[PDB]
> 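I'm staring at pramocaine bound to Beta-lactoglobulin and have questions.
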There are 2 protein chains.
Amino acid sequence: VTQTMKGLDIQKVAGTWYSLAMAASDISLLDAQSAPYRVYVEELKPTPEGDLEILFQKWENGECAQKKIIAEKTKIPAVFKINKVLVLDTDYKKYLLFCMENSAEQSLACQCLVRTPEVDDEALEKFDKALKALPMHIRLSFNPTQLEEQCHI
Amino acid sequence: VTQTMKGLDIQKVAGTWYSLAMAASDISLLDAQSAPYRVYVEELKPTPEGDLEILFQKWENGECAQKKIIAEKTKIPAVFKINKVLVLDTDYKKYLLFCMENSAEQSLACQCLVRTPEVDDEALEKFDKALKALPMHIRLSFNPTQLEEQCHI
Ligand SMILES: CCCCOc1ccc(OCCCN2CCOCC2)cc1
Ligand SMILES: CCCCOc1ccc(OCCCN2CCOCC2)cc1
């Protein structure tokens with residue numbers, strides 16, 4: 001992935017997000033409710049020291065679990081460590097595009113986050129333009145009804 | 001779906017095809033190996049009377065089953081009945097885009113078929129342009145290795 005947000009202000013991504021669309025390099029990363037990168041973002045809580053705490057949902061044992069993780073800051077403002085989290089682009093008000101990647105061929109998953117339970121075509125376009133550069137083999141998108149549901153059921 | 005192939009010559013789609021990409025209106029139509037519209041085209045055998053016999057693979061009971069169905073012709077050369085099959089576009093030599101649709105909100109699945117076990121970017125573009133008009137919520141694509149495998153494993 002060689003798109004990062006120039007001049008990311010991590011404090012300003014704080015609060016409510018909706019995982020509107022997801023994509024991944026391998027179908028097995030997103031295909032089942034329990035697929036490893038099938039993670040539904042709920043809220044981003046950046047620390048004063050500039051780390052990013054993430055609240056998300058995960059279908060684990062036939063159940064929508066609430067989960068909590070801290071992404072540790074790096075020397076690059078748009079890159080955090082868990083396995084790396086890269087912030088591609090955000091207007092802070094509406095949408096945020098991010099990817100997660102490991103080290104191996106690498107696993108890669110990217111989401112289009114939006115602030116509201118609405119299909120934002122403009123954001124989905126930017127998400128698709130960003131993905132053109134990337135070797136994705138599965139893409140998912142969610143309707144407004146599903147965005148208001150635990151684990152988007 | 002309001003894109004059909006003008007002047008389709010069904011005889012000329014005869015032979016070997018590869019399901020390179022699939023998309024559907026609902027994630028549950030494609031998400032699992034056993035999802036109902038997760039069908040891998042192998043060969044099209046059009047009848048003299050102008051019907052279309054389809055050989056495909058389907059993961060059913062933990063197994064890649066070989067399956068056989070006849071799509072019956074209609075008054076529209078680009079539309080067959082099984083549940084309707086619509087042929088969107090084909091250059092006969094390289095690619096064929098088709099959709100399958102039921103009657104209800106309708107289930108809708110579309111594929112980009114190619115003649116060879118190769119990622120055809122030009123065909124994938126035409127597939128994506130055709131899908132822009134359609135309410136798809138899952139997209140899959142397969143690599144050359146998977147195209148040579150039963151049920152694309
Ligand atoms: C600003 C970008 C937001 C990043 O959001 C996330 C980044 C990584 C995530 O990783 C989830 C970790 C995968 N496992 C899921 C099952 O529980 C253990 C962790 C989740 C959200
Ligand atoms: C030229 C267009 C090719 C159309 O190819 C197909 C059209 C419909 C298909 O329908 C599959 C029927 C769904 N079930 C799968 C499990 O066995 C029963 C049938 C398969 C290929």
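Proteins come first, then strands; the chains are lettered A, B, ... in the order of their sequence lines, and each starts at number 1. One-based numbering, in listed order, for ligands and for the atoms of each.
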> Where in this structure can pramocaine be found, counting every copy?
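All copies: ligands 1 and 2.
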> Which other chains are in heavy-atom contact with pramocaine (ligand 1) at under 4.0 Å?
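The heavy-atom check gives A.
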> I'd like to know the organism the PDB gives for chain A, please.
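Per the PDB, the source organism is Bos taurus.
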> Counting each atom of pramocaine (ligand 1) from 1 as listed, which ones have a heavy atom of A:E60 under 4.0 Å away?
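Per the distance check, 16 (C), 17 (O).
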> Would A:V13 count as a contact of pramocaine (ligand 1) if the rule is a heavy atom under 4.0 Å away?
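Contact check A:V13 vs pramocaine (ligand 1): negative.
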> Starting from atom 5 (O) of pramocaine (ligand 1), what is the nearest protein heavy atom, named by residue and atom, and what distance separates them?
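Here the closest protein heavy atom is A:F98 CZ, 3.5 Å.
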> Going by the order shown, which atoms of pramocaine (ligand 1) are within less than 4.0 Å of some heavy atom of A:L44?
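Those atoms are 1 (C), 3 (C).
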> Which protein heavy atom lies closest to atom 9 (C) of pramocaine (ligand 1), and at what distance to 0.1 Å?
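For atom 9 (C) of pramocaine (ligand 1), the nearest protein heavy atom comes out as A:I69 CD1, 3.2 Å.
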> Given A:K58, A:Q111, A:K68, A:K67, identify the one with the heavy atom nearest to atom 17 (O) of pramocaine (ligand 1).
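Closest candidate by heavy-atom distance is A:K67.
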> Hey, which atoms in pramocaine (ligand 1) end up nearer than 4.0 Å to a heavy atom of A:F56?
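Heavy-atom distances to A:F56 below 4.0 Å select 11 (C), 15 (C).
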> Check for me whether A:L52 has a heavy atom closer than 4.0 Å to any atom of pramocaine (ligand 1).
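Heavy atoms of A:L52 do come under 4.0 Å of pramocaine (ligand 1).
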> Among all protein heavy atoms, pick the one closest to atom 21 (C) of pramocaine (ligand 1) and tell me residue, atom and distance.
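Ranking protein heavy atoms by distance from atom 21 (C) of pramocaine (ligand 1), first comes A:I54 CG2, 3.5 Å.
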> Show the binding site of pramocaine (ligand 1) at 4.0 Å, heavy-atom contacts only.
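Sure - by heavy atoms, that gives A:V39, A:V41, A:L44, A:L52, A:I54, A:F56, A:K58, A:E60, A:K67, A:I69, A:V85, A:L96, A:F98, A:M100.
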> Need the list: pramocaine (ligand 1) N/O atoms against protein N/O atoms, distance under 3.5 Å, rounded to one decimal.
residue, atom, partner, partner atom, Å
pramocaine (ligand 1), 17 (O), A:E60, OE2, 3.3
pramocaine (ligand 1), 17 (O), A:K67, NZ, 2.9

